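Featured here: a structure holding methotrexate.
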Amino acid sequence: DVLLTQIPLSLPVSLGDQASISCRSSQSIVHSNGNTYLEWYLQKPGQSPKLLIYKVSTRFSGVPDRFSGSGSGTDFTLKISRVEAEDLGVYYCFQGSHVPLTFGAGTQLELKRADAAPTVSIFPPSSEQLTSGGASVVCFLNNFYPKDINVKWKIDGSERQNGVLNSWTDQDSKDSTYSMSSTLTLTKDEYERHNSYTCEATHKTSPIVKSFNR
Amino acid sequence: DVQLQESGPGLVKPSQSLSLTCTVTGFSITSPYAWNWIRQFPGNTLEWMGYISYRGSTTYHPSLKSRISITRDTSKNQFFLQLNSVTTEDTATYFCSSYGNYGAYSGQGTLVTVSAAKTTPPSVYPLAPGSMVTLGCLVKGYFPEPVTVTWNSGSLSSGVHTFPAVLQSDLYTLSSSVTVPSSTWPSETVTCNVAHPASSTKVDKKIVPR
Ligand SMILES: CN(Cc1cnc2[nH+]c(N)nc(N)c2n1)c1ccc(C(=O)N[C@@H](CCC(=O)O)C(=O)O)cc1
């Protein structure tokens, strides 16, 4: 199978910047008719991927001139001469020259900004959930930048990892920050075995700590 | 003018087969060159499943060839996808697309969930704390995806984070946060509005302190 290597996978940019994405083919993608079916797609969130460039350098209908494709053999490049607010999303390269037809892993074109520490909020289980015999402890690590932040749970001085469910949001369109939710899933009985519940935002010292006592 | 519209069931039981329809408008499926079926896995990678040409000959992803069948109805201007012995690993957003000398056109895509799980509404719980104040909503144990979360019918959208759903074990769970000034809460009403269309539910949970 033809493997497509996209370089880089994450492209941090400022509006107005010149951007370049590379697509490296594991083998030649020249079809038996001499044509190279190398395509570039842009996927915005919620939307389906939309064609930008096909046959290496042909711009699709409605595609601006700031988007251009080039390359030969195993190295293909998508260039964005001026990054606009509407150009943000995930870029994919695709080859249709050999079966199976294949895509690259996707390049996230993301907005740069200054580092931001998260806002940590901890929530004891609700009385409504306790009545059902369940006790979920929820923590939010909101509006941080870049993705370099983690969660750490401590229950009465001991690190907790089992029963922890984490989810990260995409880059926020409001301020270019990321957010994450961490839920410690316990039964009412498990929750009653412990007193002090601690949620921390960690970095590669210094953590942002939130806690409550049962 | 050109439109490719996917249709079919959103839920399929494991070992059963998924069937999807692509309804084409704007031009004929008889126009060159290929009429594709593509899938995008949860938060993921894209896979070209196969295509039927303008002349009716098929080309499949070798790994799917034995389970996959792409057919067409030239007079209805539709093409079809059949994927047989389905696994939980077939859960994806399925799109139909076209390719030719003009480039490519893509449909909007529909999520097809492959699970043994049955339709369950979520349990919605308020999250009140123990200059700004963060409140939340826990939307637990629903099936299938999706749910929609709004805060005060949308007037609070500015300081809202609705986190992606996680699957455990065969049910989905999500949370949503809202941050408002300390002046606004508990003095004024903050309500979390959750809708799960599949089970026809619409719940409104108010955030009450202590
Ligand atoms: C090898 N490819 C298949 C191919 C290429 N890129 C794709 N790109 C996408 N997005 N999807 C599919 N299915 C693709 N399939 C391929 C080869 C030759 C013709 C072809 O002969 N095209 C025209 C005209 C050929 C010509 O230029 O004379 C025809 O009408 O037959 C099309 C596609």
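The first sequence line is chain A, the next is chain B, and the lettering continues from there. The residues of chain A that appear here are 1-204, 207-216 by the PDB entry count, in order. The residue numbers of chain B are those assigned by the PDB entry, with the residues present covering 1-130, 137-216 sequentially. Just so you know, these numbers use all the heavy atoms, side chains as well, and skip hydrogens, waters and symmetry mates. Whatever order the structure lists ligands and atoms in, that order sets their numbers, starting from 1.
- Most heavy-atom contacts to methotrexate (ligand 1) in this structure come from the chain listed in the PDB entry as Fab ADD056 Heavy Chain.
- Heavy-atom contacts below 4.0 Å between methotrexate (ligand 1) and other chains occur for A, B.
- Between atom 33 (C) of methotrexate (ligand 1) and the options B/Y33, B/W35, B/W37, the minimum heavy-atom separation is to B/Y33.
- Under 4.0 Å from methotrexate (ligand 1), the heavy atoms of A/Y41 that appear belong solely to its side chain.
- Using a 4.0 Å threshold on non-hydrogen atoms, atom 3 (C) of methotrexate (ligand 1) counts as touching the protein.
- Put simply, atom 18 (C) of methotrexate (ligand 1) has protein non-hydrogen atoms near it, under 4.0 Å away.
- Counting only heavy atoms of the protein, atom 8 (N) of methotrexate (ligand 1) lies nearest to A/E39 OE2, 2.8 Å.
- Set against the non-hydrogen atoms of A/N33, the atoms of methotrexate (ligand 1) under 4.0 Å away are 18 (C).
- Residue-ligand proximity, B/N36 to methotrexate (ligand 1), at heavy-atom distances under 4.0 Å covers atoms 11 (N), 12 (C), 13 (N).
- The nearest protein atom to atom 15 (N) of methotrexate (ligand 1), hydrogens excluded, is given as A/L101 CD2, 3.9 Å; this is a heavy-atom distance.
- The shortest contact between atom 16 (C) of methotrexate (ligand 1) and any protein heavy atom is with A/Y37 CZ, 3.8 Å.
- Close contacts between methotrexate (ligand 1) and B/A34 involve ligand atoms 13 (N) [criterion: under 4.0 Å to a heavy atom].
- For methotrexate (ligand 1), the atoms closer than 4.0 angstrom to any heavy atom of B/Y51 are 13 (N).
- Under the 4.0 Å distance rule, the nearest protein heavy atom to atom 10 (N) of methotrexate (ligand 1) falls inside the cut-off.
- PDB entry name of chain A: Fab ADD056 Light Chain.
- Using a 4.0 Å cut-off between heavy atoms, A/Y54 makes no contact with methotrexate (ligand 1) at all.
- Close contacts between methotrexate (ligand 1) and A/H31 involve ligand atoms 1 (C) [criterion: under 4.0 Å to a heavy atom].
- For atom 21 (O) of methotrexate (ligand 1), the nearest protein heavy atom lies 4.0 Å or farther away.
- Closest to atom 27 (O) of methotrexate (ligand 1) among all protein heavy atoms lies A/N35 ND2, 4.7 Å.
- Scanning B/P32, B/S53, A/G34, A/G96 for the heavy atom closest to atom 30 (O) of methotrexate (ligand 1) points to B/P32.
- At a heavy-atom cut-off of 4.0 Å, the residues contacting methotrexate (ligand 1) are A/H31, A/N33, A/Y37, A/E39, A/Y41, A/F94, A/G96, A/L101, B/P32, B/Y33, B/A34, B/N36, B/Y51, B/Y99.
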